[PDB]
Trainee: 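Notebook entry - examining structure containing cyclothiazide.
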Amino acid sequence: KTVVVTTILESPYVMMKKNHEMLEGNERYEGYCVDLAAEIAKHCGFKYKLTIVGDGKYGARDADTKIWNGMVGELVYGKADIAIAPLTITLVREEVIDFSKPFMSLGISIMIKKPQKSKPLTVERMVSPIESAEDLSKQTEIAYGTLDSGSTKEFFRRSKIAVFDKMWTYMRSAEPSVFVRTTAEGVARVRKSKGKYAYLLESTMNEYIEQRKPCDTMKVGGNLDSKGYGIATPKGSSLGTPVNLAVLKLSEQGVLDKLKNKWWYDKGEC
Amino acid sequence: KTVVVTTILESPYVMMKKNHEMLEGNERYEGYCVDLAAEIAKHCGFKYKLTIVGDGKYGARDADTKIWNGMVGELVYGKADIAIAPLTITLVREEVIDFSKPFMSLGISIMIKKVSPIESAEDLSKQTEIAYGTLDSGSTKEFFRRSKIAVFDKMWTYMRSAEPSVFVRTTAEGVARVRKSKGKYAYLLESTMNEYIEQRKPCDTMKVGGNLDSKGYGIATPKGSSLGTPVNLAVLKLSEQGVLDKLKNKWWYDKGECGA
Amino acid sequence: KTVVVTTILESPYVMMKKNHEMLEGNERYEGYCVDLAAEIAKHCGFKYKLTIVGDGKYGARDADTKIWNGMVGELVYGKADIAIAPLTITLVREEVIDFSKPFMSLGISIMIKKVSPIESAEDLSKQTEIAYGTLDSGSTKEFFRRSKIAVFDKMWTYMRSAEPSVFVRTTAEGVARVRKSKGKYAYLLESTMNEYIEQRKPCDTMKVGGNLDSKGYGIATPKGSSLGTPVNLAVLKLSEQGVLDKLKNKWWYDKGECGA
Amino acid sequence: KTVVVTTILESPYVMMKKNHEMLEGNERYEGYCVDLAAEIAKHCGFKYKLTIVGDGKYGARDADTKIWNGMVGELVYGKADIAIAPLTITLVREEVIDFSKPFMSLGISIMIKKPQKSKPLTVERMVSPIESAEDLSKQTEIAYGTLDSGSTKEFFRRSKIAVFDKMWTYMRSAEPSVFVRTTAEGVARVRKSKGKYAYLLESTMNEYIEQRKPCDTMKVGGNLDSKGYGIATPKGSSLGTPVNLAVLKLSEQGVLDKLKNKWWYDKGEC
Ligand SMILES: NS(=O)(=O)c1cc2c(cc1Cl)N[C@H]([C@H]1C[C@H]3C=C[C@@H]1C3)NS2(=O)=O
Ligand SMILES: NS(=O)(=O)c1cc2c(cc1Cl)N[C@H]([C@H]1C[C@H]3C=C[C@@H]1C3)NS2(=O)=O
Ligand SMILES: NS(=O)(=O)c1cc2c(cc1Cl)N[C@H]([C@H]1C[C@H]3C=C[C@@H]1C3)NS2(=O)=O
Ligand SMILES: NS(=O)(=O)c1cc2c(cc1Cl)N[C@H]([C@H]1C[C@H]3C=C[C@@H]1C3)NS2(=O)=O
Ligand SMILES: N[C@@H](CCC(=O)O)C(=O)O
Ligand SMILES: N[C@@H](CCC(=O)O)C(=O)O
Ligand SMILES: N[C@@H](CCC(=O)O)C(=O)O
Ligand SMILES: N[C@@H](CCC(=O)O)C(=O)O
């Protein structure tokens, strides 16, 4: 019996092939996550068919209803059996599903439009309004926001640190709304905001976008915390230990580093 | 009922209190792992007695005996209940004990006594003039042992067939040896350990290049134990809250006894 | 009894003189191959009639049909007696035809339009901005297909899985494309051919990096023939006497129609 | 029936290891040729026993006796059946044995003591007295000679080039004798001659000596000839074609380049 692997349409984890109007099956998508699924199936024998969640959300908890949605939400309800997707490992998700050991290090970073080149002897220097989260919280002339129903929204929602509390208090009463449904929408907002917008996203997508054309955006500051990407699995499933072992095996041989280099730096430019 | 805890004497993870002859119990130990164990006990609600394994090795498998030494051995043979210590998560140990979610990211890093013609691992393997070594019975010598890369295989062959034995019993002795070797030694060790060593006086050692790979530190637990899930939840909540980052800064960058 | 000699129209190995329409016989052909064949005919003592293959292919195996094309095909199938031409010695040809000792060393070279940003082959493979290709139905392509190195395999996938077809029927058209690509095309070809192209006007191409591997040009003879040993002896005598070096200098650097 | 492998004790092809007094069998010798023979026997299955010729000569034909000595000499008479050694391919040699395709590229180079660095603005440069062989022929104050009963001496004997004829004319009447018995003897004469002597040898050993400590010698000029090292085999033997195919395979997979790099450049003491 074949199992369904749920994934989110995000780059460079899963991208649409140029020739995909006629292709069918698992050959429709390319990226990091499809390679990870291929290696998982090579380490342990099973037939997998990738799918994309209709909602398109990573997964969070709704208010006053306590119903899980998104990738995690449909993984709890049994319509999916494994989520090989860039899903962060969180305490709220750890109490409802089983998470394998992280296969990708990440952190909340700062995304800003690349500032222009200051002419002043003829050397070329780079300056940026934002160099840390503290100064972004202090300043107000540049707006900032996160991705709706993601992991960073939950991180700022339940943070007792003073600076993160200030950022969250600014975010909840932001007029107009600052959150974005997709990473691409937030990136486009940074692109067309004339430097009047800061994006809070995971470091992996941030560096991939920085090293991709037209590369007019760059990351400043530092990682606000340390988290990881894990392979989801429903509670009481016979796949958690094999997938955990497979991730450990891939880490030991170094396949994960090879895929990261191939899909992050090998296709870079500028 | 009390809980038996096993750890190792490694800095800045577990150290000995300056005034420890006049103190008894758990008050004579301080460091990252001691505070971590205190918070884990607070979140779970159990009394724990911190102990140090009589053998000062982390744990491995000896030559053709199928016996676990170090902390993992005390964990599998009923001598221990939980090990909050710098125990790297690897495949081989995942089949004998339970690993919680990692609480400290790390990677294999090089360090030399202060042009730097040691830029990364490629030329270091290609340069046999200066020797190098790893910790015996740890997670690094085994990492080199079962690596399928050609460069890492060459490094393993050069490490095993070297006169004299470049392996060192304890990382402190290896640090001393590389400090007294006048640049004729590069020590392979974890990123956190190397950063802590290079961040203290006399600051005559530096980390160069980047990590050879990425790994983490896990709170080990005997297989099929009722404490694995509670400690995993405790690590998750401490990482979400940010206390782990606070302890990392407190025991790595707070004393600041050097200029960098 | 005359001897059929096969070859290809490749510069500077074979030239069609300058007024070939006014000449007939083997007197209308000049170049390294023509003079070399003259010397072999003088040493062995046989009359030969130089011919050009109908389809100017060096030799390859087609799509799972077990058919030899080009000069090697004309040799195995009885259409030719001996090949004096730039025929690289490789594994597959040795099993179907007899090779003499190499009379010209060679290697895989990188050619670009006029510090190079690529130089080494690994650097060229890592950068996908500049496309590259090989000569179809030759030895370079086959060398790339059977290469087991990761870099060379990724190269082979790069030229094979590219849009449009980077492969070119003749090395002359590839050289023209490189000169017309404004530095966006690197052509992979033999060191001798690349050096000859560079040495000629308008001197808008240069050779960067080293030679990827070790090959040579052999004089092809069909399997189990009586002319393999005499031709090998003639090649050895010419190499010892130094006529090969003089011919290479005369047809590669004697003209010197460039500033260097 | 095990096949006897005849070789010559020359570096870096065959060198004695530090722990060789107690070792026995093929493990006594380590170097380029020994692992080349190992790969040859791995490609085509046979059992090989390593041996070293008692005479220690590469091989040549004496005058008025028509008796072949050295490695080729003992190979012709039948006491050996294959030779994985740095043996050059020559017309006189191939007339009696069946060589294989050249597994190494070689030429005749010039060996000279490395001159001192010239003081004069503070840039440090180096100069050589005689770069090309022509200058060595015109010059007389620095002596030069080949290796006795080798390929270089044979080539100079039968050379028709004017400069090479002049060099041979000088060598044949050298007082005292200029030819050296072993490559090590020629190198030592170069070191102890204070720059008064020049050595003629194949480029491979010249490169090895240049890149080996204390690296007081260097090679000037280009490559006078262009020859190669082939695997010897008695005329009419059945091992010729398997050896040729194995050499071609090793060249094609890149093994030969790996051995050259790991026995010539990898131990870069200088
Ligand atoms: N270089 S990277 O961010 O793609 C990356 C990140 C990580 C990797 C492997 C790679 Cl390649 N493995 C580790 C895993 C290995 C074992 C120890 C920690 C987890 C379990 N997690 S990680 O530290 O999140
Ligand atoms: N900054 S650090 O090295 O002290 C550090 C490193 C890490 C932390 C927390 C901290 Cl504070 N948590 C993560 C864990 C949290 C959840 C997401 C990945 C694992 C499960 N592992 S980690 O990426 O190895
Ligand atoms: N200088 S060159 O490229 O024209 C050149 C190259 C070579 C020549 C002769 C010349 Cl002139 N002969 C050798 C052959 C001669 C004998 C020794 C090696 C083979 C058999 N092959 S080679 O090393 O490929
Ligand atoms: N890199 S090198 O000079 O040691 C070198 C040089 C050469 C090698 C192998 C090596 Cl390792 N093999 C080739 C051989 C392969 C086939 C084609 C030419 C001969 C037969 N000759 S070569 O071009 O003279
Ligand atoms: N990848 C994150 C959400 C994306 C983001 O943080 O921008 C998650 O798994 O929740
Ligand atoms: N964290 C390692 C330490 C040993 C090493 O650094 O090699 C272990 O537990 O084995
Ligand atoms: N002349 C080569 C082919 C040309 C090329 O590969 O560029 C041969 O003998 O096969
Ligand atoms: N190797 C040469 C002899 C000269 C030398 O080794 O320097 C030969 O095969 O004859």
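One letter per chain, A onward, in the order of the sequence lines. Just so it is clear, chain A uses the PDB entry numbers, and the residues here are 393-512, 624-773, in order. For chain B, we keep the numbers from the PDB entry: what you see runs 393-506, 630-775, in order. Per the PDB entry, chain C residues shown: 393-506, 630-775, in order. Note that chain D carries the PDB entry numbering, so the residues on display, from first to last, are 393-512, 624-773. First listed ligand is number 1; within each ligand, the first listed atom is number 1. Quick note: numbers below take in every heavy atom, side chains included, and nothing from hydrogens, waters or symmetry partners. According to its header, the structure was obtained by electron microscopy, 3.4 Å.
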Trainee: Just need the ligand numbers or chain letters for cyclothiazide, all copies if there are several.
Mentor: ligands 1, 2, 3 and 4
Trainee: I keep wondering which chain grabs cyclothiazide (ligand 3) the most here. What name does the PDB entry give it?
Mentor: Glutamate receptor 2
Trainee: Which chain letters come up when looking for other chains with a heavy atom under 4.0 Å from cyclothiazide (ligand 3)?
Mentor: C, D
Trainee: Name every other ligand or ion with an atom closer than 4.0 Å to cyclothiazide (ligand 3).
Mentor: none
Trainee: What source organism is recorded in the PDB entry for chain C?
Mentor: Rattus norvegicus
Trainee: Which chain residues come within 4.0 Å of cyclothiazide (ligand 3), judged by heavy atoms?
Mentor: C:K493, C:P494, C:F495, C:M496, C:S497, C:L751, C:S754, C:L759, C:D760, C:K763, D:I481, D:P494, D:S729, D:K730, D:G731
